[PDB]
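So, a structure with 10-1074 in it.
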Amino acid sequence: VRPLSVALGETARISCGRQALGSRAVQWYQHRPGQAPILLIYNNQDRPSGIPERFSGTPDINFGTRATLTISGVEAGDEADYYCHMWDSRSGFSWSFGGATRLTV
Amino acid sequence: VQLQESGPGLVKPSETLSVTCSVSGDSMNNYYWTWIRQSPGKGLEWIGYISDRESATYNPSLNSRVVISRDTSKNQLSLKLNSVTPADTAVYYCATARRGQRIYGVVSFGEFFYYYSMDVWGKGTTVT
Amino acid sequence: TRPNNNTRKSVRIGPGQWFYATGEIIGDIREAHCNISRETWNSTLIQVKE
Ligand SMILES: *[C@@H]1O[C@H](CO)[C@@H](O[C@@H]2O[C@H](CO)[C@@H](O[C@@H]3O[C@H](CO[C@H]4O[C@H](CO)[C@@H](O)[C@H](O[C@H]5O[C@H](CO)[C@@H](O)[C@H](O)[C@@H]5O)[C@@H]4O)[C@@H](O)[C@H](O[C@H]4O[C@H](CO)[C@@H](O)[C@H](O)[C@@H]4O[C@H]4O[C@H](CO)[C@@H](O)[C@H](O)[C@@H]4O)[C@@H]3O)[C@H](O)[C@H]2NC(C)=O)[C@H](O)[C@H]1NC(C)=O
Ligand SMILES: *[C@@H]1O[C@H](CO)[C@@H](O[C@@H]2O[C@H](CO)[C@@H](O)[C@H](O)[C@H]2NC(C)=O)[C@H](O)[C@H]1NC(C)=O
Ligand SMILES: *[C@@H]1O[C@H](CO)[C@@H](O[C@@H]2O[C@H](CO)[C@@H](O)[C@H](O)[C@H]2NC(C)=O)[C@H](O)[C@H]1NC(C)=O
Ligand SMILES: *[C@@H]1O[C@H](CO)[C@@H](O[C@@H]2O[C@H](CO)[C@@H](O)[C@H](O)[C@H]2NC(C)=O)[C@H](O)[C@H]1NC(C)=O
Ligand SMILES: *[C@@H]1O[C@H](CO)[C@@H](O)[C@H](O)[C@H]1NC(C)=O
């Protein structure tokens, strides 16, 4: 529901709708309308096979690092809705995905 | 891992929505299983997930009106949803869950939390 | 160790008398622990047995 506009070839910076307290484990999802969601980042840096290395995330080194999804070399296939699914050590079970980001280049 | 779902499409209010997802390729014992809902104009809403030993935890936001059940006799994941509303007219997706464990302290003190990652998803079916 | 990050909050309670309490805790709520080996403590107790 939050629009973000970037140009072609730039590095897109998608910030999470919720901020970090304590140690975190953030999951990132790409959701084209009418298409299945795909796992991009789990355990805050691990990238499963099938995901190109254009998509990258920040490692969890100490406290204060903002969770941000990096899209280096954006293409036409990146037009989708991007999700930050956050877990942390003090908010307990995270039943909700949080806010959704509507990305349009 | 492929998941293919099928639903009834339309029920009257306070009737049970039952979608059947066929899973093929791998064994049932090795993964956790879940169900995903997506309201139009809104985000993705969790409705719950099922464990191996038939234990399901439900949303406090949904006020425990959703029941996620399992029948391993015919190799499929099941869903039932009673007391339906026009706000439940949404697209339903099926997925599996991998229980990840992120350690931040001493394991023996319980200084850890469990998280689930969803890697394979269905195509989505629309019911109204 | 006391491996949780605590902030010191100064509370005004009088002229010159300043009450330093524990402010908002940030980071992970973690228990204070001590690692008293296991291998050295094995040989220490055994020599206590003798
Ligand atoms: C008294 O003794 C107890 C008992 O040992 C001590 O308790 C220990 O406390 C530390 C606290 O730092 C715990 O370390 C944590 O361990 C996490 C899990 O590590 C295991 O999994 C990872 C990934 O699978 C492996 O890489 C690890 O292996 C490495 O470490 C072992 C240790 O011997 C080596 O032998 C190996 O060769 C490897 O080098 C383990 O198998 C670990 O994930 C965590 O580190 C992350 O989190 C911190 C804080 O958030 C970050 O700062 C850090 O950078 C790491 O973040 C990276 O990794 C996560 C992984 O999820 C990613 O998501 C991030 O994006 C990022 O990339 C941390 O190091 C330790 O487990 C615990 N011991 C036990 C038995 O539980 C007390 O400290 C000790 N007290 C004193 C005073 O000495
Ligand atoms: C422990 O707490 C202190 C104070 O809250 C932290 O110091 C602040 O750290 C943030 C980043 O996390 C900085 O933006 C502030 O400028 C720092 N303030 C001061 C006065 O230093 C400290 O980083 C925390 N340490 C750990 C390991 O969590
Ligand atoms: C401890 O309780 C106090 C109650 O005043 C909290 O202080 C307020 O907390 C609310 C959140 O509900 C904030 O919106 C306010 O800005 C806080 N006020 C002040 C003066 O700090 C405090 O946050 C609580 N701390 C913890 C760690 O739970
Ligand atoms: C307690 O912590 C200290 C470090 O502050 C450890 O001492 C050093 O440990 C490293 C690697 O473990 C060794 O390479 C050094 O030679 C050690 N230095 C000394 C002076 O011993 C120590 O091993 C820790 N002890 C326990 C029981 O955890
Ligand atoms: C403790 O010491 C005894 C005798 O030296 C030995 O048999 C035993 O395996 C040791 N245990 C550990 C955990 O080191």
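Letters A, B, ... are given to chains in the order of the sequence lines, protein chains preceding strands, and every chain is numbered from 1. A restricted portion of the entry is shown here, and the contact count covers that portion and nothing more. Heads up, header says this was done by electron microscopy, 3.5 Å.
For 10-1074, the full set of ligands or chains is chains A and B. Bound to 10-1074 with the largest number of contacts is the chain that the PDB entry calls Envelope glycoprotein gp160.
A heavy-atom cut-off of 4.5 Å gives the epitope of 10-1074 on chain C as C/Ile25, C/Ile26, C/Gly27, C/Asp28, C/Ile29, C/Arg30, C/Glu31, C/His33. Using 4.5 Å as the heavy-atom limit, the residues of 10-1074 facing chain C are A/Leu21, A/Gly22, A/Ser23, A/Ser89, A/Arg90, B/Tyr104, B/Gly105, B/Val106, B/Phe109, B/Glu111. According to the PDB entry, the source organism of chain C is Human immunodeficiency virus 1.
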